[PDB]
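A short worksheet on the structure shown next.
In this entry the chain letters A, B, ... are assigned according to the order of the sequence lines. Residue numbering for chain A follows the PDB entry; the residues present correspond to positions 1-219, in that order. Here the PDB entry sets the residue numbers for chain B, with the shown residues being 25-161, 203-599 in order. Numbering, chain C: per the PDB entry, residues 1-214 in sequence. Start at 1 and go down the list; that is how both ligands and their atoms are numbered. Per the header: X-ray crystallography, 2.8 Å.
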Amino acid sequence: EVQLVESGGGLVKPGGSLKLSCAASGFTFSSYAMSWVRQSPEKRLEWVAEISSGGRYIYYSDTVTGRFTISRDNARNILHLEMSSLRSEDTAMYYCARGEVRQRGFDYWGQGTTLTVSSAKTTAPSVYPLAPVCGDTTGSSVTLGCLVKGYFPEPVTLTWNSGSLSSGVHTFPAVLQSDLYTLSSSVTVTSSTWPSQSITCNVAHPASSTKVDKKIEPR
Amino acid sequence: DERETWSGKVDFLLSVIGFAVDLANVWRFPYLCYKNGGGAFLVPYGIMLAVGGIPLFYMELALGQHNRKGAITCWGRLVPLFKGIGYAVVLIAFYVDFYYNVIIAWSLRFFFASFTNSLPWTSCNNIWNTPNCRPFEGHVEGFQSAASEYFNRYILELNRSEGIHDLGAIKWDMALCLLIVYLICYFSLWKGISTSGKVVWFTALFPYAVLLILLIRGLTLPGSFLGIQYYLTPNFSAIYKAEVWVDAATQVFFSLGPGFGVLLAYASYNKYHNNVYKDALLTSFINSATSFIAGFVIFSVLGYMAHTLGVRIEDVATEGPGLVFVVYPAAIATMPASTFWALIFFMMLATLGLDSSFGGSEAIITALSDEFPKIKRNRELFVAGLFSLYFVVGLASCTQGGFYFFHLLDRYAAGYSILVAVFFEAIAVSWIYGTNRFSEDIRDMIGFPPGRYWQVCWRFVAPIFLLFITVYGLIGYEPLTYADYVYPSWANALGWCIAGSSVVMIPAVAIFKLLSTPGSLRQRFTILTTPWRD
Amino acid sequence: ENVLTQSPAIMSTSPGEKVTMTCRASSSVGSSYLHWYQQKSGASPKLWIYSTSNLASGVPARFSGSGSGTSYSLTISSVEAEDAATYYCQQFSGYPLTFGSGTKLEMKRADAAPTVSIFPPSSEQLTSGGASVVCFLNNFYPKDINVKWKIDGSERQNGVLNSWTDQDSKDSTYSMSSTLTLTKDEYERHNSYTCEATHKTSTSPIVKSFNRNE
Ligand SMILES: CC(C)CCC[C@@H](C)[C@H]1CC[C@H]2[C@@H]3CC=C4C[C@@H](OC(=O)CCC(=O)O)CC[C@]4(C)[C@H]3CC[C@]12C
Ligand SMILES: CC(C)CCC[C@@H](C)[C@H]1CC[C@H]2[C@@H]3CC=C4C[C@@H](O)CC[C@]4(C)[C@H]3CC[C@]12C
Ligand SMILES: OC[C@H]1O[C@H](O[C@H]2[C@H](O)[C@@H](O)[C@@H](O)O[C@@H]2CO)[C@H](O)[C@@H](O)[C@@H]1O
Ligand SMILES: COC(=O)[C@H]1[C@@H](OC(=O)c2ccccc2)C[C@@H]2CC[C@H]1N2C
Ligand SMILES: [Cl-]
Ligand code: NA
Ligand code: NA
């Protein structure tokens, strides 16, 4: 029906600049005001800027004012946020949000696009298999693991057996320590199914263009 | 940065109510109901009010508050090419109070004439009377009622005048009433809306106090129900009549006040984020509701006259000043406690016109103040100079042929002046400036865009609505005449010159503006069509 | 700016129970301008209640809202597991626009003890210069749990990475991951490693160890 797709965004160094875009479809775009709302890694919502139907009325938050510039293309139905002198506190997921009526609110949001501002350098993860220890081999069920360590920036894609088995799988959110993320995932299966069949940790880190499969063997 | 603002919202509302609500709510509307088949007239009235009337009323109010400036600068900053619309609208209002204030003076003249147990207009044996004087209204032209002869032969002395060419002597009693009026106006518009917004509390509210009293008194009169029947008894046969739809449209248009730049001026003092949509709906309604109420106040007494006083309803049921200055006072005199009803009636007429003159004159002052910081710097001197011009020239309306002068301006001040003015207002906004922009502007103010209903009315309905009126107006055109007197050809021309004096500013200011801007034609239009905002 | 504070920050509820959330503004907010948003974990916000009392399309009638001035509230009459989310209020009254600090609604369930798995450094990591021991604490309630690493008998404190999952949308339980990274020089200098988890379920901690022989 109505769709809003945020694009652009990624890693940027402090002082650097970047341009975000929001593709609007499913409604007459010229007829509605649009705003950029962002959410920090601490999950705090902060309204960034609002632009009118015809872009003749513009409002900015005091935090982004003078740096961010919000624009509008009503011909091609695209919303834009032009950022400059990006600081590290600008790190957040940026949302494209529509609403015309203040008494209504934002009645449609996009999927968001992630901006990360760091002086840290992109690095690829070392994926490690986690095999259990010899004995006593319970009985009933067994839990395997995969360790994704020392990578940056987010995100990473982790599936088990190319996503074929999603049940009994806990993939833990990554934690940043010293400019490097460490991530782990645990999957629990019946002792009947392992190591009878194959279990492989599938890790994808597009930022470093890494794609790795790791099979778990009881070494 | 930087404009004076209202002293708080009641002041604005009562300013707009007071402006829109005037003698026209008493002296045309009830008559139209009676003539057009009663409660049935409400159907075309309401439809015309919804599609044509309120949308235009809404438009100026939003436009005024948004652009934050008087009429001239407002259209200057909106569509520079059409800035003449501001000039036209302003001097239409400029012409109008050369005459309109005479109604208030008439009201004041009856007021002080009414300080007696024995009201002069009840008797046919007085010095000003003629052998043809009836005690009450009749069909025959040559025999006037008592109240009619008091008005014409005593108050007006219109019998002394043979036409507009002979104005005759200046009545200095009438001149004193006009001056007292401009005095009241002056110390009202004295300091601006900080005062004017205060005074409207009395002038806007007082009429309702008296309307209530006369509503209760009238309905307690014998025959009062017979009056209401003539007033409201539906014939839906009229709904199919073109003249009935035209009367509805026209009345709705002229009752609400667009085209004088008054709503523009008054709204311009609003806080930007004030909700002008709620104000436009509330204010519109009260204006109409007032007319509806007053209808009962009139026809209640009208029925009483037909029942107890033995006069044909068609003879006493009328419009214009005749209703308020003759027919109604004739009834009041027959009632016990006549003096009380008389005094409060004529004070009601006064306060009905006063807050109207306030907005009218305020349209000019605000318009010029924003264009010319010279007279913005001195307000007190300007209004003194304006009202002095008014009073001196207004001595013409205090003459014995004054009504002949009043009637001329009344017709030509703006009948068609304001019609084509507002027509270019609706066109400039919806098409030239655009509805997209306009809706965007309102959203930024009140938080939400106008419903696409209002948008359609501004773009299409309004223009053909104003057209529907202006076409049927020209279709039934007949040379100016009052009673048995027919105005000369030179007089009719002078009116058209007054009528076209204002409207000519639109095309004229467009030429002078077009020729003052360098570059290609298509390049020359775009510069004059680009808003102050952009 | 107009600061919207919400309480509580985190809220636990058994399905069918009645829950209420409060939103307080530093400045008076026009009743018509106050709105609510529901955000499920890993998803974008959705308009929920607008102009204080008005449910957005597709919003079950179990939701209501009320308030005025500086005080507003969101209420769920009978709570369902599909309601577990974070709820943000917002004021459109004046610029800059503001969102509330949020209220996180989580489902309450019966207490459950974690299943503790411990893993030794992989062969591959043992060639790279580092060594890290991982311990999984899975499917337990409530969320609060405390892991303690021990090399032999000695307790080790620094050098750990703990991660909790979000509450599961089925069993409504929680799971945590604890990772102890060392140098192999430091790792290969000790023969025993213990991961013990203290939790409300049991008085004594759940222990999982291994020796470097097997
Ligand atoms: C006071 C009485 C005795 C005389 C007649 C009063 C009513 C019959 C008239 C006064 C003004 C009219 C209204 C003028 C404008 C509106 C708004 C309009 O509402 C919408 O189009 C909704 C779109 C939106 O809200 O943006 C519908 C017609 C309505 C209610 C009209 C209904 C008839 C009304 C109330
Ligand atoms: C004549 C009889 C039958 C009815 C009298 C109607 C009177 C009481 C009505 C007509 C117009 C009304 C006013 C219209 C405007 C406002 C602005 C609002 O913010 C305060 C109330 C106030 C001031 C209203 C008070 C009531 C009012 C004065
Ligand atoms: O003259 C007595 C007679 O006339 C009065 O008229 C006043 C008029 O109302 C004043 O405005 C002023 O012009 O003086 C007039 C008299 O010269 C009264 O109206 C009337 O009742 C009184 O009997
Ligand atoms: C003569 O024009 C009017 O009477 C209008 C208005 O009067 C004026 O515009 C005006 C202008 C200048 C001086 C006096 C009155 C009052 C009410 C509202 C619209 C209409 N009237 C019904
Ligand atoms: Cl009317
Ligand atoms: Na009127
Ligand atoms: Na008036």
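Tallying contacts with ligand 4, the largest count belongs to the chain named in the PDB entry as Dopamine transporter. The PDB lists the drug found at ligand 4 under the name cocaine. By chain letter, the other chains having a heavy atom closer than 4.0 Å to cocaine (ligand 4) are B. Following UniProt from the N terminus, chain B has transmembrane segments with a non-hydrogen atom under 4.0 Å from cocaine (ligand 4) at positions 1, 3, 6, 8.
Measured by heavy atoms, cocaine (ligand 4) lies under 4.0 Å from these UniProt Na(+)-binding residues of chain B: B/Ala44, B/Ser320, B/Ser421. There are UniProt substrate-binding residues of chain B with a non-hydrogen atom under 4.0 Å from cocaine (ligand 4), namely B/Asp46, B/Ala117, B/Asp121. At a cut-off of 4.0 Å, the other ligands and ions listed near cocaine (ligand 4) are ligand 6 (sodium ion). Within 4.0 Å of cocaine (ligand 4), judged by non-hydrogen atoms, the site holds B/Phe43, B/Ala44, B/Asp46, B/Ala48, B/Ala117, B/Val120, B/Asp121, B/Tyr123, B/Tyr124, B/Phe319, B/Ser320, B/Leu321, B/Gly322, B/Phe325, B/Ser421, B/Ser422, B/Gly425.
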